[PDB]
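The structure to be discussed contains ivermectin.
Every chain is numbered from 1, with letters handed out A, B, ... down the list of sequences. As the structure lists them, so they are numbered: ligands from 1, and atoms in each ligand from 1. As a basis for the values below, the full set of heavy atoms in this structure was taken, side chains included, without hydrogen atoms, waters or symmetry mates.
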Amino acid sequence: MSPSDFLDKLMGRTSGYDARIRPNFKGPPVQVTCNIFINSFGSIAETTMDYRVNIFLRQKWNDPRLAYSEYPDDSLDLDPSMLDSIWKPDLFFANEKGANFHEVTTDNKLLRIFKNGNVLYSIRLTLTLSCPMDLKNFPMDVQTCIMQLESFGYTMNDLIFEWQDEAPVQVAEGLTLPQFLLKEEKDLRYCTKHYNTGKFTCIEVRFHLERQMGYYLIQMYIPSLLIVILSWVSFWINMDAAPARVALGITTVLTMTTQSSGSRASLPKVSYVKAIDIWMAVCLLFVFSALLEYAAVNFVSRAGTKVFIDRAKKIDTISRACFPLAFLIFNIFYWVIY
Amino acid sequence: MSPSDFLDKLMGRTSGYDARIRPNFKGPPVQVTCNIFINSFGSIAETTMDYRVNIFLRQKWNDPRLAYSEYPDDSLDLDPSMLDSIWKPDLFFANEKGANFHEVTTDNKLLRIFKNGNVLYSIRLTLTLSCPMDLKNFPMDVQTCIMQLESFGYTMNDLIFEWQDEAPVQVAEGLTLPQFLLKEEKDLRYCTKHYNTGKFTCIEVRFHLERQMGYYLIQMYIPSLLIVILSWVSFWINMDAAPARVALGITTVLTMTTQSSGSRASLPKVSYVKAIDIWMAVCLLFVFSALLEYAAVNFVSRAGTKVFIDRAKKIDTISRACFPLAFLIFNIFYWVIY
Amino acid sequence: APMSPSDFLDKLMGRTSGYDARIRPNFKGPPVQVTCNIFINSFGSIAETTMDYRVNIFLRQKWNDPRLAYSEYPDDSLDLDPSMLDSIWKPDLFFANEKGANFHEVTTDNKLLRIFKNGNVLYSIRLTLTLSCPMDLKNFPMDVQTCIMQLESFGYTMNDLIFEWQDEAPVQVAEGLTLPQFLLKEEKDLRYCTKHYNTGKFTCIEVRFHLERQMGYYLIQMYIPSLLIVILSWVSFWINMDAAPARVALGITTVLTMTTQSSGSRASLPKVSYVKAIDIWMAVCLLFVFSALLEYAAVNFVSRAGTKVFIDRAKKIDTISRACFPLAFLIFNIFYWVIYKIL
Amino acid sequence: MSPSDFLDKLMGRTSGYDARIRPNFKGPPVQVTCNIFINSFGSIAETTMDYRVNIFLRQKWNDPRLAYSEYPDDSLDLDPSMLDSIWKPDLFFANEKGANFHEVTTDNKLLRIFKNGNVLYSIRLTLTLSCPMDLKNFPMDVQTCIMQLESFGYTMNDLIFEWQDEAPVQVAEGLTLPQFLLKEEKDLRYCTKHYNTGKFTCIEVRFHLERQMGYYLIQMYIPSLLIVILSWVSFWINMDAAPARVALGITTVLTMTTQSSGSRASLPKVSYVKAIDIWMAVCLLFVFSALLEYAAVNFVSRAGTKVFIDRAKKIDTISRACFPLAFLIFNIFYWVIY
Amino acid sequence: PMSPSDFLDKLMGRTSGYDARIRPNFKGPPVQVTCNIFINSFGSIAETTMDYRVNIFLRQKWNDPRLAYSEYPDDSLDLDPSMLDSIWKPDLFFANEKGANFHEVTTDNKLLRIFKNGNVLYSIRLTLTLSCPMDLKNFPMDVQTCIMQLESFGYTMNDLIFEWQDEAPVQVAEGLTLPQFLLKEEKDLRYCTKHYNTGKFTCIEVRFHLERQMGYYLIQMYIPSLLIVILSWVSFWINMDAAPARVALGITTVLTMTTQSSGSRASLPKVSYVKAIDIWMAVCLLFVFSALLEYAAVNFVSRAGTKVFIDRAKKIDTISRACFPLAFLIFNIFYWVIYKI
Ligand SMILES: CC[C@H](C)[C@H]1O[C@]2(CC[C@@H]1C)C[C@@H]1C[C@@H](C/C=C(\C)[C@@H](O[C@H]3C[C@H](OC)[C@@H](O[C@H]4C[C@H](OC)[C@@H](O)[C@H](C)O4)[C@H](C)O3)[C@@H](C)/C=C/C=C3\CO[C@@H]4[C@H](O)C(C)=C[C@@H](C(=O)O1)[C@]34O)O2
Ligand SMILES: CC[C@H](C)[C@H]1O[C@]2(CC[C@@H]1C)C[C@@H]1C[C@@H](C/C=C(\C)[C@@H](O[C@H]3C[C@H](OC)[C@@H](O[C@H]4C[C@H](OC)[C@@H](O)[C@H](C)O4)[C@H](C)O3)[C@@H](C)/C=C/C=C3\CO[C@@H]4[C@H](O)C(C)=C[C@@H](C(=O)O1)[C@]34O)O2
Ligand SMILES: CC[C@H](C)[C@H]1O[C@]2(CC[C@@H]1C)C[C@@H]1C[C@@H](C/C=C(\C)[C@@H](O[C@H]3C[C@H](OC)[C@@H](O[C@H]4C[C@H](OC)[C@@H](O)[C@H](C)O4)[C@H](C)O3)[C@@H](C)/C=C/C=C3\CO[C@@H]4[C@H](O)C(C)=C[C@@H](C(=O)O1)[C@]34O)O2
Ligand SMILES: C[C@H]1[C@H]2C(=O)N(C)c3ccncc3[C@H]2CN1S(=O)(=O)c1ccc2c(c1)OCO2
Ligand SMILES: C[C@H]1[C@H]2C(=O)N(C)c3ccncc3[C@H]2CN1S(=O)(=O)c1ccc2c(c1)OCO2
Ligand SMILES: C[C@H]1[C@H]2C(=O)N(C)c3ccncc3[C@H]2CN1S(=O)(=O)c1ccc2c(c1)OCO2
Ligand SMILES: C[C@H]1[C@H]2C(=O)N(C)c3ccncc3[C@H]2CN1S(=O)(=O)c1ccc2c(c1)OCO2
Ligand SMILES: C[C@H]1[C@H]2C(=O)N(C)c3ccncc3[C@H]2CN1S(=O)(=O)c1ccc2c(c1)OCO2
Ligand SMILES: [Zn+2]
Ligand SMILES: [Zn+2]
Ligand SMILES: [Zn+2]
Ligand SMILES: [Zn+2]
Ligand SMILES: [Zn+2]
């Protein structure tokens, strides 16, 4: 039989096939089996609180109307134009902010049918998915971003999604993220939805994203360490040089504040204390205490008498040991806790 | 009866149904009943003065042409392709800046008809809606953002919208906003429009958004408290150290101004006094007064005589008590008022 | 019984009608007189940098098509399904100064079709337009702009099609519509922009909106903080002439604050090559702040030798400065504000 | 003859016209004559290295199939829907980054045919065109931005573009650019392309854009003149006041560097020396030399003896004359050269 | 001769019986497609988003015996692109494409040409944004390798095979330049043959090599950092008694050096490895910070105003005037030799 006539008899004019009717429409729900290949993964934004993926979405279900005997071939690879002629699930991504198909240079779609009427339908999609983030431990945080595959119009009695048994989520070889590490273990689960329009099938996959710490050592933690260490050189400067020691004190405090708000600029305006806030707060405390230290040194030595000059000198010599020692103790606590 | 023939007889070729004609077109207006499920709520922008939602819009109306007896089923879940074949309301969002449908992986639409000809039509939409904001109490403000559902072509004598009686506005479980708290109570009302083209049905829903205060304590109010407290250390510095005390005075004023304009950068250019303006103004007054305080101290002590040196010293000792005390009193007033 | 709607639409503009939408009303006769009016649903995004603004409007067009006249119903008008707009002739109005334009299609096409007994048509369509508005920033931020909107025919010359603003209420504005930076003046000017191209002479009607910039924002974020830096600069005059590092510190940091203030405000504007009002203010403020530093340089220099005659001469420069600097700055403010907030 | 029948006989059902076949397809190439009206011209970006225009593109060619005698009218203005029914050139813009048609409120198109079969086809287009820029003389530069009209599928033996003889490029009355002056003289030329697919017609127009200098006097050259003049006040300050004279020297150098990199922020990251780089370099040299001048003054006067104090004083008095004099000479050279 | 309208009708139209849902030789071996690209433009090379943009003409060549003709003596026929919808064509897609679009102004930017023997030439104009993962370890003396993968979506290796053309598979428009990079003449061609759970799919790849131009960074990064280091040294010629002056210099050079450093990091992605620019900024900041510590030492050892201690402090300064520049010069030798040799 010629292919043109076969397609005509199976799903075309002479077929009497109606794509508005599901497989076994008087019978049990259509069991769809999903799996995704993750071609790319990125644009993980804290501010907009979302991420982007390019995937191949594979769906599998049985349509006894598409079973064939005319060829001995176990499967037939069909032209994607025939997808419009057949019934297919109405899967949508429940937490999708933006989604699109790919049409260059032709529709990036795949249709394959088997002897027994099974269908394989793969379609390429770019999705932007919402991923609410918990920034309490930033930048030592780990996020959990999800992806929900749901039916819009079919209730649980007509259509049921299920992750494939073997390898439901594949990831492209050598795929990396610059800011995160994508953990090998993906959690699969059900998000079965109950709306006032009914009960709807929904399956979910959770990716775990561990933020890479290296960037923050170099661009956040070390340069704050500078400003704190810089603040301490005041303690080796002559107590008579007020303009010099105040200059150091101010400029370290101010550098430390612009450092602090510089890092807050890349994040959303959450109303809870993050780990980076604690660090910047304590660093700023140490830098501010050092200025108060000189204010004390300057003030106790007003009268130029030896007894008072000696008392001021003791404040400096204690400071040279205690400030670094205390800051070292703080680092032990901070790093151990997280 | 086969589904294909039933759809053909009800709204297809052999039906004689005309979707250009409303239900009961010679009779009273079509009573439509709306309800929304809010799948997401965010992108609340002060600068552009708008917000974004992803909703399922449900509409319900009766079309006696679609009543059926051929099946005992109380309702039939139909393929959304049939939405093109039936009449439906021309609801539009009157305050929408941008709107779009969702088409991945198929049109995110739902059609359900009942024995008596009732229709349920749910469609998924991303909307950007305008929300004019009153920033007088920012950042302790609370906004009221609306959403108007209106008919474009049908006047009140052909078509009438109405919110559902039970649960017209549902919100997705666990939906949060990072900057605001969305209040449980939504106001419903009428926006019935009168244009030169006629009188048009319009129903409205108001969401109340209370801005979360926590972010502003950490990134606005506390760091301004620093600069004010920092300004006071000048009062414990030796009056002879002019370059040190002027250095403190300048750099606190300038830090305070860049702090002030830093916060104004995230807002629209409104021409009224906001709460944040008052705070920054008073903080800047306290920081500026402290510099003037030294200018006074320096100036009254020009001649190096004890009577004048004593007078200058009194200005400092009074300042150490009064500046903080006055600033504390201001905080009591400011916080109590808002 | 009366005629069914389906058959009436079929006989009027459908299969059996013989209507051709490629042919205008009275095509051998005089031009089609179209009557336009707009409802302004929103008005905003007034950008100086990109030099444009945005509106959401309902565009109403009215014209007579004797082919669409009917007697089959006693109704004075019939409200028709917008799908029928494709079946009828309609003007090819476009916005001549539009940078971006779009229709609205959620949840259906935001369109309106209404025909009357005598064949008159009312066609309303909802549009978001971004329109170009060349701006004269010479008096910024006390400026007032005039932004236009041109409705023009693309393909029909003046002998086939003519646009005209409605007589009664051609431009309506939504109740309670405000702009945050501007005041939209009640009076809109209507005019003709009749175009002559090498392809012919084309109808074009125009509406001008007047936008008065609100001054309040600039008092708080531009004029008052510059007043600070000038007043701050004066405290140097009460500081001891012996404290050079203190008085130079004040002088530098006020000049530098004043320059970053000045270029901070220029960041929100296009790169025009003419002097604006804000430039004059920042220039004079910077002059007063710079003169104060030069004042100390003079004080410091004349008092080099520590002798009373020279120390006294330097002290006189300071005491004169305490009066003259503020007095001169006050006089400047009188002149500046009188000039711009009069002419 | 009724218009409906005339269009039917000329290019419709009964016409036998095939728009897949060019005019005189066995004969010589179709001679197309182009002209543009420039409705707007702007968005001239240095960073992205492109510009934007809104044009009416007019094309003229003869199609003997569309010649008519049925009406005495010299030309017929046709409904643009008929453009789909006729053959037309496949002109594209070879250096276009983005292009779009205008469809509000109807397609912004014009079709006019003449007795002899001539066609006038005008279409409105927004184009973003690439314009590689030579920034060597910025901001006294003058750019040359082009616009190439090319055939995609027709080789030189089937289709030939040519600029109109009389007034090929019109510009809207009163059209201005804020940063540039668009010169009256446009160059027209040929870009005839040779690809491995063949030889393709291409005509080009070059616009000359002279950058307006006024903005840069006020926001770049004058404020740099300030910092240089400010640097000189150090020379009238007492040599004993080191913290004051070093303060001036540092802050002028640093102001001068942030000024310099502030202006580089608006440009692409080209790897050649621009005119603005030379100016900022020399200004920074004069400001840096002034600091070195004090370092010298301070250093030669270490021992507080008259002979060395006098030698230091001479360095200052020479500096007061030579620094401005040298800077004036530099300005003469710099401005004369460009 | 036969009219064009009838010829197109008999070849691929109503009366032809041609089915574009069926590939050439569908029971036979795979369709051999031969690709070549003309690069009309190349740019928008972004480090942050980690991608680049091209405007290309994509040419595909394959044989369709159904489209062979004898009715005309012409070796090839240039056909109207509307006929592309009527014929079978490969389903080539760009595997590493983030965004892609066709060009439709003023008509579809497409080309169809068929030959006597049924060969087809199909050229289509495309703007592509392609992902190019970057290794910034040597930034800004880095060289990137950006790829472009042409793949079949639906046809497995037994039905469809892509292959680069033998002669001149990748042409580049005359005078095409990039402002930040140099595009190297040699393009590598290779296979990316994909194995998915849906099957084995043809894929061919081209690699462009992009050498970052160094000139910009000398002027806007390396020289201005050289300033701050040289500026830091003037402290050594300032009087040791002038603490506020020498501390002022020390602070402001350190702080200028830190804002310089983080200014340059703003244009890059947030990678968690050490780049070459990080080492430079680190060492510059070390030299500027050491100079401040140098004065702290000078100030501290000279506390008691006695000659023996004043002399010791003075020696720290005189050694510093020679050693600081000398050491910084030695560092430059090492740094430049390592990265540029
Ligand atoms: C009194 C403050 C003075 C000025 C002190 O400031 C300094 C040092 C000098 C002064 C002694 C510096 C200051 C931090 C403070 C110490 C503060 C902390 C260690 C933390 O905060 C405290 C107070 C806070 O309650 C306001 C409290 O939150 C609770 C109660 C709240 O209910 C009222 C509730 O909503 C909330 C969710 O849970 C918290 C647990 O604990 C720490 C979280 C503060 C960090 C602050 C900052 C980090 O970057 C910010 C900014 O980028 C900048 C420029 C400077 C920083 C600063 O200014 O930091 C900054 O604002 O020390
Ligand atoms: C008076 C200025 C001098 C320089 C004084 O400045 C300082 C310190 C002491 C100086 C002598 C600092 C200054 C505040 C002033 C005190 C001012 C206020 C408490 C408020 O304002 C006053 C006057 C103002 O109108 C003159 C008036 O508006 C009304 C009437 C108008 O009709 C004429 C009407 O249309 C308008 C809408 O409502 C107002 C109610 O009341 C307060 C609102 C001012 C805030 C100012 C600022 C907040 O951030 C701004 C900016 O980010 C910055 C960099 C510095 C700030 C500053 O510069 O703050 C800043 O610009 O004191
Ligand atoms: C020589 C200037 C010295 C350094 C003086 O500078 C200062 C103080 C110190 C010196 C005494 C500071 C300086 C202004 C000057 C005084 C100058 C003016 C009041 C005006 O300008 C003069 C000369 C000018 O000719 C270039 C001339 O315009 C030409 C070209 C015009 O085409 C556009 C043309 O339309 C016109 C007819 O003709 C003009 C008419 O009149 C005033 C326009 C200058 C404003 C300058 C500034 C405002 O913000 C700018 C910037 O954001 C910044 C950081 C600092 C400002 C500054 O630096 O301001 C700034 O650059 O005083
Ligand atoms: C057969 C379809 C649908 C329908 O159109 N008709 C006429 C009948 C008739 C009798 N019983 C049920 C129906 C419904 C249900 N089925 S369906 O299960 O194949 C179906 C089809 C399409 C659907 C859908 C369900 O959910 C929303 O989209
Ligand atoms: C039946 C329609 C419409 C119409 O086409 N005809 C012929 C008639 C005939 C007699 N009376 C009224 C009409 C109009 C109104 N009705 S309708 O109520 O179904 C209708 C249909 C579509 C509409 C509309 C109203 O306003 C918005 O767009
Ligand atoms: C009737 C149309 C158009 C046409 O097709 N023909 C055949 C004739 C015949 C005789 N005279 C004029 C025409 C032209 C013009 N008329 S029209 O006035 O209805 C018309 C129709 C559409 C138009 C247009 C003019 O200019 C803009 O686009
Ligand atoms: C007549 C057309 C085109 C065609 O479709 N056929 C069938 C034939 C037949 C015989 N000889 C030539 C052709 C070609 C050439 N002509 S055409 O010159 O009008 C033409 C038409 C469309 C074209 C084109 C050339 O190149 C770009 O796209
Ligand atoms: C002829 C097509 C396709 C088909 O529709 N039928 C009916 C048959 C019949 C017998 N054997 C194979 C088929 C398949 C395969 N062929 S095809 O090789 O031309 C083809 C056609 C389209 C394809 C494809 C392969 O890969 C995916 O897209
Ligand atoms: Zn897990
Ligand atoms: Zn309420
Ligand atoms: Zn007026
Ligand atoms: Zn020229
Ligand atoms: Zn190689």
(Q) I need every copy of ivermectin for my figure - which ligands or chains are they? (A) ligands 1, 2 and 3
(Q) Help me with this one: what macromolecule has the most contacts with ivermectin (ligand 2), named as in the PDB entry? (A) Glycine receptor subunit alpha-3
**Q.** Other chains with a heavy atom under 4.0 Å from ivermectin (ligand 2)
**A.** B, C
Q: Report the UniProt Zn(2+) binders of chain C that come within 4.0 Å of ivermectin (ligand 2), using heavy atoms.
A: none
**Q.** UniProt TM segments of chain C with a heavy atom under 4.0 Å from ivermectin (ligand 2)
**A.** 1
Q.
I'm curious, what organism does the PDB give for chain C?
A. Homo sapiens
Q) Which residues would you count as binding ivermectin (ligand 2), with heavy atoms within 4.0 Å? A) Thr257(B), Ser260(B), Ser261(B), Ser271(B), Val273(B), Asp277(B), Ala281(B), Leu284(B), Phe288(B), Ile220(C), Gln221(C), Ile224(C), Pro225(C), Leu228(C), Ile231(C)
